[PDB]
Enquirer: 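Looking at a complex of amiodarone and Voltage-dependent L-type calcium channel subunit alpha-1D here.
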Amino acid sequence: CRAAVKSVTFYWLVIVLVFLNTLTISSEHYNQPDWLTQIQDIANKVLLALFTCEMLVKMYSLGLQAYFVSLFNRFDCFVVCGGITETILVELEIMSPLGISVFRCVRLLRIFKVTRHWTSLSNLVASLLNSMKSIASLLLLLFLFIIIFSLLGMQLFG
Amino acid sequence: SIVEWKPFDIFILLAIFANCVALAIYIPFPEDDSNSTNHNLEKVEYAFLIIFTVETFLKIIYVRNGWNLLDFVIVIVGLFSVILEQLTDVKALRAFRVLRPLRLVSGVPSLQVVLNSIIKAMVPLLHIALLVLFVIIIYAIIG
Amino acid sequence: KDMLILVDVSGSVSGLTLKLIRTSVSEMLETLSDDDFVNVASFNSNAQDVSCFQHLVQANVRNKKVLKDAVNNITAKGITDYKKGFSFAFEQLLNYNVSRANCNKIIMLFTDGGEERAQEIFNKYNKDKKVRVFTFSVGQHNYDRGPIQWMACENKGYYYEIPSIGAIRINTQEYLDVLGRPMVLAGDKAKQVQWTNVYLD
Amino acid sequence: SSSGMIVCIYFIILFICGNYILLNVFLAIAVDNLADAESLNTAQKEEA
Amino acid sequence: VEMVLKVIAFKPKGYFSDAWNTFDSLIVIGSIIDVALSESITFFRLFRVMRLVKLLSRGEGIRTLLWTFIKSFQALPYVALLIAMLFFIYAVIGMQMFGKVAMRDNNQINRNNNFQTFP
Amino acid sequence: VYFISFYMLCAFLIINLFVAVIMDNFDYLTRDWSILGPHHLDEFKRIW
Amino acid sequence: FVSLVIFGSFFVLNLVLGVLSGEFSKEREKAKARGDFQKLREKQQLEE
Amino acid sequence: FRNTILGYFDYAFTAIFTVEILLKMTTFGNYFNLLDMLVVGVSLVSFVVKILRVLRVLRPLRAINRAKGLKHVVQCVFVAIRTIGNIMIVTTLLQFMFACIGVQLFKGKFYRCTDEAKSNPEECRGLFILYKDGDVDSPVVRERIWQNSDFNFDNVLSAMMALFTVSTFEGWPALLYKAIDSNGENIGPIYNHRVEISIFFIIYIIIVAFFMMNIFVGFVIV
Ligand SMILES: CC(C)OC(=O)[C@H](C)N[P@](=O)(OC[C@H]1O[C@@H](n2ccc(=O)[nH]c2=O)[C@](C)(F)[C@@H]1O)Oc1ccccc1
Ligand SMILES: CCCCc1oc2ccccc2c1C(=O)c1cc(I)c(OCCN(CC)CC)c(I)c1
Ligand SMILES: *[C@@H]1O[C@H](CO)[C@@H](O[C@@H]2O[C@H](CO)[C@@H](O)[C@H](O)[C@H]2NC(C)=O)[C@H](O)[C@H]1NC(C)=O
Ligand SMILES: [Ca+2]
């Protein structure tokens, strides 16, 4: 199984699948034709099934403990689980009319699977993750400044 | 006074955060209107004033440091505001309560150093500010 | 009808929503005839009359002009007290020293929102639901409309929304459907011919 | 008219002091995390 | 009085050599002719405002910052030519495309804002 | 497309011009007055 | 107004951005002597 | 009359440029020379016509090959564009993701009627009385039109345009307060229906216009 996942055809096939996922996601519009909604909701189901099959193949081909450490694939399992949960949640006795539009975002985040082999994006991401503590400190100070001025404005022009 | 360092300085920081939340909940109604929430929040602010005065008098040993200077300036101006409110733009004297969230930076040195660095990175911009002042004055006179 | 109008002149109604309240009261007085008795009162931490009348008046052309002038000269300042305002309204509907219609007794509240339900006041004054309460939520705001809606149908009333100027005219005339409910249940006893006052065609 | 115009310093201070912080926070994050990434490429490319 | 004292004391042959000395001479000459004209003229009034500009070069650092950046701007004149060419091309295209839109008063294409002239 | 393209192009060209002007004289922007500089030599010349 | 915008805003925004850029570099070339870049480089060099 | 004189001027100008390309072609037998022939060709072919008139704006581009400084700065600009293409792709992808999220969130909810009294298309028909400037004594009759917003989130293109306008920090408060009032699929707005939806706009602004735009300038500087 490790021969296929490390091949050159598998990567491009996954690229095609994620391109199709993006195409299905970015086709909704106001007053969309009734024949396109069914296409979208069956493509979502079949592509979710195919992606979870690929994920279970990947998990039981190299190692369970060697993938949890890496953050690149750590949220992929969460995305797959959320996708597989959305289908049963919608089809069961839970309608959640706003819940449809909140579960499409986690399926949309799958586009990031194309930005793995860059060597330039990840190089900056490494430094950002290293300095995330300073980033959070600066953001929190900015938030505190905004809060103080909001309270002063409430006191003055409230 | 007696040694109380690790529990005290985090309890007072939690008190600061709670005061921030209480200040955020308050709704500034127009033309002296009010509801029950502000009626409770006035007593909450009272209790915060007493606890702040108690913890300030506990550690007086203190005034020379600027942060402690602001710390007790807030307390004294709040006390004066309470006195004037009871003995009646007196309501505007509570605008100094907005500086209490600023006390939270003194409780976290990791953020205090960041604030100090940002403030110290402002001195080189004074020349540009002065140039802007001359440009504004000259163009105002020309207009 | 022995109409009485309660106007919220607390602090929160200052601004646009006071202009709508004054216009809504003026348009509502235009739905009253010489056989209907009206009076206007306000309340902001204290309930008081807005004019020189102090009790129900015949609501003829001369008296409505006085009430409209008094309504158009009110200001918003103070806190809201529904318990004090409603007690004043119920007390002027129990006078009986003065000439009234001895008929439909209705209280109309021109407020925006609040949290007080004044359950004790309603039980104390109208336990048997002898007085209808029509409640209006005037202005563009996000205050709690829950208590205002509850006061309406707990006292055989109805709830109206006036968020803009264009909604003033259509909402101040829809209270005659509620008042006409006991008339249709009368049957043939309510099919009596009446003649109006002299008016220009 | 009147002394009501003195409140304009609230929005003058908020704009000047608020915009200075933004140029000292989001620009500092970019500058001190791009030269770090740029220098890594030089070390990584030469070591390759 | 300042001007006459300085021109007497500073050997007027080299007095005009400096840029600052010549700058203030034009200010007073334009200002000195308006004293009898108080009872066109507005242009000469703006001259007397410019005396404050000489006070900008009275500090160590604010003067050199300006000197360095105007010298740098003068050292790169071809970079702004790209902006000028972009503005020219887009203005001409705007003329040819939206130059026939009518000007009204309640719209963003008004008498002050349109594509009907190059300026 | 006209307005969007103009906005993007003008913003990019303005950024490019600003950075080119800043980088043309970068020694002054990182002068480190403590060590030395042309100001010391100019003061020497004027006093001399 | 055109001259006021160009001199007052475009020129000054160039002033501030240049000074800020020349200030970040001063602290970048000072902490580099400590070895802060080495800590990131050492951590990243062992990831491969 | 002015254009007739100017058209006469172009006749002489397009002849000198015509006599110098042939003169240069005599002594020769790059891509910049083809551009010069393209500009002269358009003028001769012009003598539809609107497209040629638009293409007549290529005259200033002929001076690039002459001045060395202009060629150098143009080449430097192209190099700067090439070395910064990584960030543009990332921010374009982020804008695309936010546009998809905005489409899912505000699909068709930006509709409103001409008068703020009717809150569905079945009611927004006919005429209505408008009170000018809020005055009750100055009414005027106006039509009822159920019209969409100028910048909306109907499909992906509209969402991308609206998000671009937001990221330019212009007209974004109006879109914010239009999105806060958004009730439902095909019904009118309510004052401050969902204030918590402003988190989407705040997060988008912080991520793109404050981070991915300052990183652009920082990358150029470094
Ligand atoms: C398009 C107009 C604005 O003309 C420009 O300056 C260029 C065409 N693009 P730009 O996007 O303009 C907006 C930024 O100006 C910053 N500003 C202003 C005054 C101040 O005191 N402090 C401060 O930070 C800001 C408020 F933060 C804004 O983000 O320039 C940038 C330059 C560097 C980093 C990001 C953007
Ligand atoms: C000449 C072709 C490059 C122009 C260009 O393409 C882009 C694609 C994605 C993201 C940015 C760009 C870009 C810019 O140069 C560009 C665009 C914008 I929008 C931009 O910010 C807009 C100005 N500013 C408003 C205050 C944003 C905060 C800046 I700075 C630079
Ligand atoms: C009329 O209303 C008054 C109060 O508004 C009622 O109270 C009486 O008022 C008169 C006037 O002084 C007096 O008889 C007494 O002071 C009050 N009490 C009683 C028991 O009379 C009054 O009952 C109402 N009716 C009449 C006929 O006065
Ligand atoms: Ca109230």
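Naming convention: chains lettered A, B, ... in sequence-line order (proteins, then strands); numbering from 1 in each chain. Partial entry; contacts are within-part only. Looks like electron microscopy, 3.3 Å, at least that's what the header says. In what follows, every heavy atom counts, from backbone to side chain, and hydrogens, waters and symmetry copies are set aside. As the structure lists them, so they are numbered: ligands from 1, and atoms in each ligand from 1.
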Enquirer: Every copy considered, what are the ligand or chain positions of amiodarone?
Expert: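 Copies included, the answer is ligand 2.
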Enquirer: With a 4.0 Å cut-off on heavy-atom distances, which other chains neighbour amiodarone?
Expert: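 Those reaching under 4.0 Å with a heavy atom: F, H.
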Enquirer: Extract the source organism field for chain H from the entry.
Expert: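 Source per PDB: Homo sapiens.
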Enquirer: Can you see any other ligand or ion closer than 4.0 Å to amiodarone?
Expert: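 I count ligand 1 (sofosbuvir).
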Enquirer: So, at a heavy-atom cut-off of 4.0 Å, what does the binding site of amiodarone look like in terms of residues?
Expert: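 By heavy-atom distance, those would be F:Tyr7, F:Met8, F:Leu9, F:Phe12, H:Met88, H:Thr91, H:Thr92, H:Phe164, H:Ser167, H:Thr168, H:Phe169, H:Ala209, H:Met213, H:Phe216.
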